[PDB]
Visitor: 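For discussion: a PDB structure holding trandolaprilat.
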Amino acid sequence: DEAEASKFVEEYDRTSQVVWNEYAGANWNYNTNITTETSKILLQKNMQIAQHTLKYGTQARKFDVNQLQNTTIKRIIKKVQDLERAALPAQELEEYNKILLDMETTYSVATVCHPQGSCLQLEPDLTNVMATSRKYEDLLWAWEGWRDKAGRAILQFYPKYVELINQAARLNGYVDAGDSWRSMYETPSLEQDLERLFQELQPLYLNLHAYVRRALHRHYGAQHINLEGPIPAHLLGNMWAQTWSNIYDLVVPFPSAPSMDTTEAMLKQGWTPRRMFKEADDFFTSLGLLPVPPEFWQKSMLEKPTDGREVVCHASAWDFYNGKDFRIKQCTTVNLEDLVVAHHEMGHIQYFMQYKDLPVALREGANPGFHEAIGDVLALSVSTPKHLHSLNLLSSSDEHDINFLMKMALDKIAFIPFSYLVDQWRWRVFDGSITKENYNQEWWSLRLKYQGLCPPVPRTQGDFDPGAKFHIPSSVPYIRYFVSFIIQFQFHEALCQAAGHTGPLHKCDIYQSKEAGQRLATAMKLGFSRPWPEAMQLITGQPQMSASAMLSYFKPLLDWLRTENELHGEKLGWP
Ligand SMILES: *[C@@H]1O[C@H](CO[C@@H]2O[C@@H](C)[C@@H](O)[C@@H](O)[C@@H]2O)[C@@H](O[C@@H]2O[C@H](CO)[C@@H](O[C@@H]3O[C@H](CO[C@H]4O[C@H](CO)[C@@H](O)[C@H](O[C@H]5O[C@H](CO)[C@@H](O)[C@H](O)[C@@H]5O)[C@@H]4O)[C@@H](O)[C@H](O[C@H]4O[C@H](CO)[C@@H](O)[C@H](O)[C@@H]4O)[C@@H]3O)[C@H](O)[C@H]2NC(C)=O)[C@H](O)[C@H]1NC(C)=O
Ligand SMILES: C[C@H](N[C@@H](CCc1ccccc1)C(=O)O)C(=O)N1[C@H](C(=O)O)C[C@H]2CCCC[C@@H]21
Ligand SMILES: *[C@@H]1O[C@H](CO)[C@@H](O)[C@H](O)[C@H]1NC(C)=O
Ligand SMILES: [Cl-]
Ligand SMILES: [Cl-]
Ligand SMILES: [Zn+2]
């Protein structure tokens with residue numbers, strides 16, 4: 001009966017608002033006031049949402065989705081039959097919940113200490129070391145010590161997590177948890193499509209990699225850099241070598257052309273986290289998109305508090321499932337990286353607002369990549385010389401131009417293979433290809449194959465380097481960021497063209513383009529109501545993911561790199 005399916009999705013939606021609101025409320029109260037009291041309330045709300053998932057999921061499974069006419073009710077009910085972890089029996093779910101809590105807490109309290117002196121946390125202490133030290137050994141101490149204290153301590157938990165997370169997946173009809181995750185894209189050709197895309201970025205990444213490799217050989221010496229080999233994983237300015245912009249100063253194409261201290265200028269000019277978020281809000285409203293509601297300004301946590309309260313710092317954006325209350329929680333630092341991350345979180349928020357009228361089961365991005373790309377699009381524009389000049393964090397030529405593209409490459413191209421490899425790895429863990437006997441070996445095999453990195457210190461039994469990246473102990477899928485990095489350029493190219501921009505794509509700045517706002521709004525309003533190629537068509541006028549836009553943005557940089565690498569006889573890649 002068509003009418004019994006309408007009634008059920010109606011009830012599911014009313015009761016999910018209540019129960020999902022209560023839980024997000026409590027997970028926030030925890031996340032911005034870690035107590036044991038806020039841990040008790042969080043744990044009680046877990047149960048309550050499991051018990052709601054089970055009730056509604058068991059009812060949804062009694063429907064034959066084959067016999068159901070209405071496509072919206074059909075899609076809603078098929079998602080509700082997926083209970084996730086709530087599929088697990090009582091004991092196993094208790095244990096699943098506790099392992100995730102344990103994993104994340106171990107990552108969060110891990111420090112690295114010097115004998116007789118100070119213990120450094122990841123944020124900001126070790127991050128600063130990796131960003132500003134130019135001494136092999138000091139980079140190594142932080143790189144190895146972070147792996148030693150965070151990675152190794154996670155390993156004890158990881159086999160039981162894989163077993164429970166695959167058990168939930170199988171009870172929802174998937175083969176393993178990697179299957180489940182990939183199913184969010186609704187794209188059977190996903191693994192092929194993804195690989196094609198990564199293969200089109202290889203000329204840019206190999207050329208950038210070779211050139212940076214030569215620059216590290218200049219600074220750190222011939223005995224430490226093989227000009228025909230992988231780069232050591234601790235010399236790229238970042239704990240995971242996922243972005244390389246902190247070594248902009250070793251790799252400047254045109255040192256002759258001086259570029260400003262964005263960070264010194266922000267401090268110098270009395271930039272606060274609040275001003276940083278107000279700039280993002282303004283950019284969105286320049287586009288004709290939506291302003292954050294007053295409530296967001298009052299309830300958000302835009303900076304680390306100083307009232308004693310302890311908090312989880314990792315930047316995240318929060319939907320409270322009532323169409324009114326949205327929040328960012330970020331221990332914002334006053335600089336450029338964090339201004340871009342503020343944009344990224346603000347794009348999460350914009351999406352929440354745009355799709356607040358859909359039923360909650362459709363309150364998600366058209367795919368996870370879409371969710372991650374929105375803010376980055378606005379930020380490509382923010383980061384232009386023309387725009388930074390107008391915030392008065394830059395002054396202002398071809399030299400300046402290649403310099404800008406290099407800065408961008410180090411944040412965008414560099415991240416391409418890293419974002420690809422995380423879930424390459426996890427997918428093989430979940431499918432049983434990789435066992436705990438070779439978690440670590442297979443990590444490094446992929447670090448080599450995709451990124452062209454090696455570990456400065458030979459790894460040993462008990463090492464578990466993936467546990468040293470947040471997203472692994474916290475069980476947050478990562479392929480979304482690879483997708484985002486591709487599609488964000490596609491979105492920029494389209495909005496730029498909507499906005500009437502002529503000439504090279506990288507000089508485009510879309511500030512105040514109502515046309516660009518429109519293209520994005522109508523896609524974001526769709527939520528998860530339709531298969532994603534529809535949202536792509538809306539934005540870009542075609543329905544494929546495509547590296548064309550990215551290659552085109554960096555084309556001047558590719559030309560330069562190729563002439564430069566050729567001039568030095570670089571041998572691209574690494575046997
Ligand atoms: C298959 O069924 C689809 C789903 O039907 C809906 O779901 C089931 C479970 C039952 O509840 C149904 O009775 C219900 O219709 C169906 O698709 C729907 O089609 C209608 C058009 O026929 C679309 O309606 C539009 O919705 C806009 C905004 O939606 C929300 O905001 C309203 C603002 O006042 C509000 O009243 C309401 O609020 C709450 O609802 C959701 C629950 O779904 C809840 O989660 C959330 O919290 C909301 O607050 C509403 O949902 C309207 O603004 C829009 O008006 C436009 O038209 C006006 C009149 O011409 C114009 O003046 C104006 O300019 C607008 O352009 C209109 O009412 C509905 O969005 C759509 N549902 C979805 C989610 O896709 C579909 O038709 C069926 N398929 C077939 C082939 O029959
Ligand atoms: C800061 C950002 N934080 C994530 C949110 C992570 C999270 C998910 C679920 C529960 C708790 C935390 C996000 O906003 O997607 C992040 O981790 N990253 C990822 C990372 O920093 O490794 C990759 C980044 C691409 C550019 C924007 C920031 C992306
Ligand atoms: C933090 O700790 C406890 C836990 O609920 C509570 O009594 C206190 O008011 C909380 N403070 C906040 C939210 O600032
Ligand atoms: Cl690593
Ligand atoms: Cl994903
Ligand atoms: Zn994000």
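Along the sequence shown, the residues carry numbers beginning at 1. What's counted below: heavy atoms across the whole structure, side chains too, no hydrogens, waters or symmetry copies. Counting starts at 1 for both ligands and their atoms, following the listed order.
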Visitor: Tell me where in the structure to find trandolaprilat, all copies included.
Guide: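 Short answer: ligand 2.
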Visitor: From the contacts in this model, which chain binds trandolaprilat most extensively, according to the PDB entry?
Guide: Angiotensin-converting enzyme, soluble form
Visitor: Could you list which atoms of trandolaprilat come closer than 4.0 Å to a heavy atom of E345?
Guide: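 In order of numbering, the contacting atoms are 1 (C), 2 (C), 3 (N), 13 (C), 14 (O).
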Visitor: Among all the protein's non-hydrogen atoms, which is closest to atom 11 (C) of trandolaprilat, and how far away is it?
Guide: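 Of every protein heavy atom, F470 CZ, 4.3 Å lies nearest to atom 11 (C) of trandolaprilat.
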Visitor: Starting from atom 8 (C) of trandolaprilat, which protein heavy atom do you reach first, and at what distance in Å?
Guide: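 In this structure, atom 8 (C) of trandolaprilat has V476 CG2, 3.4 Å as its nearest protein heavy atom.
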Visitor: Of the protein's non-hydrogen atoms, which lies at the shortest distance from atom 15 (O) of trandolaprilat, and what is that distance?
Guide: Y481 OH, 2.5 Å
Visitor: In the protein, which heavy atom is nearest to atom 25 (C) of trandolaprilat, and how far is it?
Guide: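 Ranking protein heavy atoms by distance from atom 25 (C) of trandolaprilat, first comes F485 CE1, 3.9 Å.
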Visitor: For atom 23 (C) of trandolaprilat, which protein heavy atom lies nearest, and how many Å away is it?
Guide: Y478 OH, 3.3 Å
Visitor: Which other ligands or ions, by number and name, fall under 4.0 Å from trandolaprilat?
Guide: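 Found: ligand 6 (zinc ion).
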Visitor: Quick test: of every protein heavy atom, which one is nearest to atom 21 (O) of trandolaprilat, and how far off is it to 0.1 Å?
Guide: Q242 NE2, 3.5 Å
Visitor: Nearest to atom 27 (C) of trandolaprilat, what protein heavy atom do you find, and at what distance?
Guide: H344 ND1, 3.6 Å
Visitor: Would you happen to know the UniProt domain of chain A where most contacts with trandolaprilat sit?
Guide: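 For trandolaprilat, the UniProt domain is Peptidase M2 2.
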Visitor: What residues sit within 4.0 Å of trandolaprilat, counting only heavy atoms?
Guide: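 Counting heavy atoms, the site comprises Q242, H314, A315, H344, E345, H348, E372, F415, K469, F470, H471, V476, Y478, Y481, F485.
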